[PDB]
Amino acid sequence: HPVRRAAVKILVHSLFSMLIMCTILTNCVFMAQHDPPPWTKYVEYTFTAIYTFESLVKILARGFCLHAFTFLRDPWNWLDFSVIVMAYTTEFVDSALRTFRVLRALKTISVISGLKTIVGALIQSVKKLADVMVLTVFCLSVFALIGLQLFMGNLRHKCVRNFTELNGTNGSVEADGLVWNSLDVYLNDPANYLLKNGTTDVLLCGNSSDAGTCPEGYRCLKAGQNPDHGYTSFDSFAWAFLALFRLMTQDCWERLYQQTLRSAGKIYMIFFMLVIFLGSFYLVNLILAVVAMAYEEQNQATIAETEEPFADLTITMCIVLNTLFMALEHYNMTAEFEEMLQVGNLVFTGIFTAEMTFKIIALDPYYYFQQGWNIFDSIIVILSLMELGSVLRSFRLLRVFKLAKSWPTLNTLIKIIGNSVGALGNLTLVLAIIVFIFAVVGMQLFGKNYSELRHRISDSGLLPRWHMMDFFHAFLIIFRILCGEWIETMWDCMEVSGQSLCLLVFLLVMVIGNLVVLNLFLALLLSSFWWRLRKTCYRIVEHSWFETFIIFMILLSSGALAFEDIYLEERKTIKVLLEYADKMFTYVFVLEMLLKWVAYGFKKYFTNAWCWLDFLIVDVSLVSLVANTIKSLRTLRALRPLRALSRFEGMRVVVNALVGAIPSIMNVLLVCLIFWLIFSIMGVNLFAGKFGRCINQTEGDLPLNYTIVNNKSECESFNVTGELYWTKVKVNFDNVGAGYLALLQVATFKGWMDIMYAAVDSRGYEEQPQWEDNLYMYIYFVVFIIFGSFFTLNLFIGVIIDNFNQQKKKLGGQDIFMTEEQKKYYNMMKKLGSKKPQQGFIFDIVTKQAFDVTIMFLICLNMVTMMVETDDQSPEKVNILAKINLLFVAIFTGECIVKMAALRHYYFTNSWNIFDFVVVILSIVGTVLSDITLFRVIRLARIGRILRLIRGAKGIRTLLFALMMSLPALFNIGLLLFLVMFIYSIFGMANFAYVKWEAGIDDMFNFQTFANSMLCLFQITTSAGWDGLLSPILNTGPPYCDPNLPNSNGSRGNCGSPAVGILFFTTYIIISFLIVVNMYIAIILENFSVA
Ligand SMILES: CCCCCCCC/C=C/CCCCCCCC(=O)O[C@H](COC(=O)CCCCCCCCCCCCCCC)COP(=O)(O)OCCN
Ligand SMILES: CCCCCCCC/C=C/CCCCCCCC(=O)O[C@H](COC(=O)CCCCCCCCCCCCCCC)COP(=O)(O)OCCN
Ligand SMILES: CC(C)CCC[C@@H](C)[C@H]1CC[C@H]2[C@@H]3CC=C4C[C@@H](OC(=O)CCC(=O)O)CC[C@]4(C)[C@H]3CC[C@]12C
Ligand SMILES: CC(C)CCC[C@@H](C)[C@H]1CC[C@H]2[C@@H]3CC=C4C[C@@H](OC(=O)CCC(=O)O)CC[C@]4(C)[C@H]3CC[C@]12C
Ligand SMILES: CC(C)CCC[C@@H](C)[C@H]1CC[C@H]2[C@@H]3CC=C4C[C@@H](OC(=O)CCC(=O)O)CC[C@]4(C)[C@H]3CC[C@]12C
Ligand SMILES: CC(C)CCC[C@@H](C)[C@H]1CC[C@H]2[C@@H]3CC=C4C[C@@H](OC(=O)CCC(=O)O)CC[C@]4(C)[C@H]3CC[C@]12C
Ligand SMILES: CC(C)CCC[C@@H](C)[C@H]1CC[C@H]2[C@@H]3CC=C4C[C@@H](OC(=O)CCC(=O)O)CC[C@]4(C)[C@H]3CC[C@]12C
Ligand SMILES: CC(C)CCC[C@@H](C)[C@H]1CC[C@H]2[C@@H]3CC=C4C[C@@H](OC(=O)CCC(=O)O)CC[C@]4(C)[C@H]3CC[C@]12C
Ligand SMILES: COc1ccccc1OC[C@H](O)CN1CCN(CC(=O)Nc2c(C)cccc2C)CC1
Ligand SMILES: *[C@@H]1O[C@H](CO)[C@@H](O)[C@H](O)[C@H]1NC(C)=O
Ligand SMILES: *[C@@H]1O[C@H](CO)[C@@H](O)[C@H](O)[C@H]1NC(C)=O
């Protein structure tokens, strides 16, 4: 027919596809509006017609029925079919159903081949991630059972008032001179709880020695509701699964850490690291490795298919001077300094214009515009000239990128950014489509709920900071979820709207968006990347007993440092013991240094770096001793543990690897500093002096209304009473150094809440912040996070991994983070890993795979039975569960004994047999003990039965074997990390003790004692809540802290030191990043690939 020919001709024509794409984009723009005006209703038909028209065409050319090369045969045409039928259903007859219209956005993926291919590759990646997903579910369930057993109902502890019975009249309580109907109704009343200081949270409390303490007049009691609206708790197994999924993603995990330790006890912190350093880091890095290998296979398949005048120095110096001159800007500039800045900028732009004109005269426009850099310079100079005749100046900053001409690593960053929207732009487009789809889905589903039930989730009188009422805020929430903060807003979402639907939407966006982001990250990363005396001295130094003695002295001296608590002044004998011990260590180490000098001579001793370190430490000790016979030099004694680096080979080899990587690390650090200089200068221009708040101290610590107080001038003018304080946010953009600090907090994603809240309220220059005017400053931070964090971390990781690959290649292909003995044990483990394979009625029955499958089903059923445990369960439920446990123990005993009925070969045939034997023996031990927190441990011992699942699983077994193979390298890395934690905790004890308790620093997670400092350092090893700890350090003087305070040891107030605090926290954050992220990822990926 001719109709078929016409339909085919219109179908194949590119104009038709372009029309479909344009209408899809227009519909996407219309779906952004939260409140569609009535007239747009008419426009709806247009789309419904167009979507019909095109569909009709596809129906005419192809065949509706099923057959080769037909309409419904193509999977994506199902999208057209569903969209058209849904549109007709919604419009023809009678709504939340309209949210399904968002699926029309996916038509974009249909109208471009590149997006189809990208989605296909993503689907194969998801398919390959199946084993890791199963392992993650299994580990999360196991740790969730462990946490449920350990902390069942712990989070419901609260410091309630100490009630008194009214002479047992009717079981009533007369607390605080008020009678309540019953004890149960009294306890559930939140008017008698105790709020945590400076927070709107009920103080969790415990009765264990380590757990938190109830202030005088209060007592710990379990009655109440779980914290943060009751969505965090270990009471039910499913709640524990949610909490440990939160832990695994390290999402606001410091809050759960602090709550659990406050309620149960500090010792339980152990549990947390066993879930973080082996449950969170390990699982995420395993996912990283699996995705990377899948992408590598995809790239290999694609590759196989494809197969078959000296003035430049002057200009660069001028650019460097100009960028530095722009960096000479800050808050409260003097008039003369501002004039000097203006004159300098004017002369710089003048000279740049003159150079551009001269070198465009030398080569005419045809020649001049022949270079990309030349057109870039022309655009920059034109923009600067237009601005000369406000962020309009920031364009000039981009000139610094010219330094990429001969800077290879800045060129690598430029290549990364180019590939982001170049070769790999299709995947970026897919990510953008996903983000838009999820933003509109969330807004359409939750806009009315957020609007009409705002008071539920709005602590302030106005609307909440994060919501889905408007499209921009929905996109902001989706972006925040992508950045990793997916639960803090989820609690509000579930509180204001449906729990089930919000759970589903947020979990889906988390999983899918993080998958896409990780695919983009890995794709970019792979795409872009006397004589007798001397003899005696040598003999005495050479004895191994001498080395052991020196090691013992090093460790014991470090321990002696570990006692410098605030409580020494109370402990007298220990103080004098420590003084004598310190003198002894100084003397013995000096004696050892002299012996080494004599035995080996000055040249050999001073030609060894570690000898230099030991000599420096001893020199500091001697300087301190002679000064005593400098107070700022005493605290440098906290570097004593560094003597342990040279002795133990594990830390020595790890330090060798890190030193080898130092040059590349420094190159990338310089590139990152130059790149972040642009964003810090822009932030200084946008937000210099606009971060101040005229707070009223008496009425809390919240910014005043902009109507009553408008700016600093009015804040000082209304000073009849000394209540108003014009204070600036701790971390801000008043300078470029403060710019780097705030940018670091935004990039690491800790403490960015306050920075963005202060930015998106910046009303003017030192003017009082309005609630949320100047809103679109949000974009600023978003942009930064796209470049300053995503691409910057990509460069970090790529360069460091490339450096480690070069180091491995140089070292004969062997490992980098292992010793000789560890290498031999690793070889033995590898050999053991791939070992080759080696009454009649029962022998024939048990050996059958059906028996193993039945045992597997039985153990799965037992796991399900343990999932049912819950706090405050009725006694009959307890009895039934105990009986079921006894039955399961009996069944396992029966199966093990019938297996034993075979010859003794099974007694040693495999290691899993002995594991089964020992777990059964423990099971009977626990059951017999039941006839007699020890009970909690006995119950927790039952989790060993679940591990029997490992036998059947293949992917689980391989991944766990990879972890076991990686264990020694991780042991070395963790040893070095623990040494660094020890040193930094001693520094904190020396400095940060006595600081005012605010934000992260509370009565339990202080820096006062070694225990508390170690807890804080452990939590901020993952960079979690380091802004919280840093905040109390920064504040100096009123109204925050009170200097001139009678402190125990150092009576110079309770204020922190901003300079040393910032240095301490930034250096520790960077060191911990390096080690735990880069090295741990390197080990995980290497041992997974080899495994
Ligand atoms: C081949 C061998 C290579 C490995 C050895 C090289 C690495 C060793 C490290 C050198 C960096 C140490 C620099 C010392 C900084 C101390 C400055 C200082 O004394 O001030 C103090 C600074 O304290 C701080 O918080 C800064 C924290 C800096 C930590 C440096 C220690 C890092 C230890 C880990 C080494 C690196 C990782 C392991 C080795 C790769 C404050 O006291 P105050 O000012 O006197 O207070 C006044 C009233 N109390
Ligand atoms: C996860 C991270 C990925 C890797 C990071 C890549 C490198 C990006 C780095 C950024 C370094 C951070 C620099 C922070 C500078 C802090 C400046 C600041 O706080 O404000 C200034 C005052 O405070 C001070 O910092 C003065 C003391 C100087 C501290 C020096 C900090 C050294 C930087 C840490 C080391 C950098 C990393 C290198 C590691 C080997 C001025 O502002 P103000 O409003 O006038 O207040 C006056 C009160 N004194
Ligand atoms: C009886 C009252 C208290 C209401 C009942 C609420 C529970 C039935 C809900 C509350 C929150 C829900 C949890 C919220 C979060 C998760 C995380 C989610 O994690 C994953 O999806 C992991 C995916 C992966 O491993 O990649 C699995 C469902 C789960 C446990 C949900 C299971 C059901 C829970 C516990
Ligand atoms: C009356 C009050 C407000 C005076 C306080 C002003 C200072 C806080 C300003 C004046 C000089 C400024 C500095 C001028 C020059 C630089 C160079 C600039 O150099 C870099 O580019 C470092 C990073 C790199 O090497 O790329 C970093 C910011 C800094 C230290 C500036 C930080 C803020 C400073 C110290
Ligand atoms: C009190 C009422 C209002 C709420 C009761 C909670 C239920 C509605 C919870 C119980 C288990 C929850 C489900 C548990 C797990 C998921 C997995 C989640 O999907 C993933 O986690 C992605 C997995 C992957 O693709 O790898 C989507 C939400 C969903 C279906 C949850 C939806 C909500 C459910 C059904
Ligand atoms: C109203 C009062 C009595 C509250 C009682 C609630 C409990 C009886 C609930 C809370 C947690 C629930 C469990 C949460 C999660 C699962 C996982 C679920 O896992 C599966 O085996 C199905 C998915 C799969 O493995 O393919 C089986 C049901 C079970 C044990 C649920 C059974 C019912 C439990 C124990
Ligand atoms: C009507 C009156 C008596 C109200 C009280 C009823 C309770 C005694 C019920 C409510 C929930 C029930 C539980 C719900 C779910 C399970 C899972 C079920 O799972 C299995 O373990 C199956 C395998 C097996 O046990 O053989 C075992 C019974 C048990 C614990 C039930 C035991 C009896 C419970 C505690
Ligand atoms: C108010 C008082 C009574 C509180 C006492 C609480 C302590 C019992 C807690 C707080 C600090 C905790 C420790 C902090 C740091 C570590 C390091 C961690 O790393 C290692 O030490 C492994 C290598 C080694 O064996 O040294 C092991 C757990 C441990 C000892 C923690 C165990 C429990 C501790 C000692
Ligand atoms: C990298 O993320 C993750 C890694 C591991 C487990 C979970 C993760 O969260 C998922 C997603 O990556 C969200 N990220 C965004 C950026 N990230 C910054 C960062 O790496 N901080 C950091 C530092 C400075 C030192 C040590 C360890 C870490 C994680 C924070 C979290
Ligand atoms: C407060 O409660 C505690 C709980 O044991 C009790 O010992 C005490 O007598 C009560 N009264 C106070 C602290 O004044
Ligand atoms: C006070 O602040 C709120 C939000 O910060 C704002 O909506 C209101 O207009 C301000 N003025 C008042 C309450 O008089």
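Going by the PDB entry, the residues shown for chain A are 119-212, 217-430, 718-798, 806-945, 1193-1292, 1301-1509, 1520-1613, 1622-1780, listed in order. Keep in mind that the numbers below use all heavy atoms, side chains included, and drop hydrogens, waters and symmetry copies. When a ligand or atom number is given, it counts from 1 through the structure's own listing order.
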Supply the name from UniProt of whichever chain has more contacts with ligand 9 than any other. Sodium channel protein type 5 subunit alpha
Recorded drug, ligand 9: (R)-ranolazine
List the transmembrane segments of chain A, numbered from the N terminus as UniProt lists them, that have a heavy atom under 4.0 Å from (R)-ranolazine. 6, 24
Which residues and nucleotides contact (R)-ranolazine at a heavy-atom distance below 4.0 Å? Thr371, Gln372, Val406, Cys899, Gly900, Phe1420, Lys1421, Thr1710, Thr1711, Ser1712, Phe1762, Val1765, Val1766
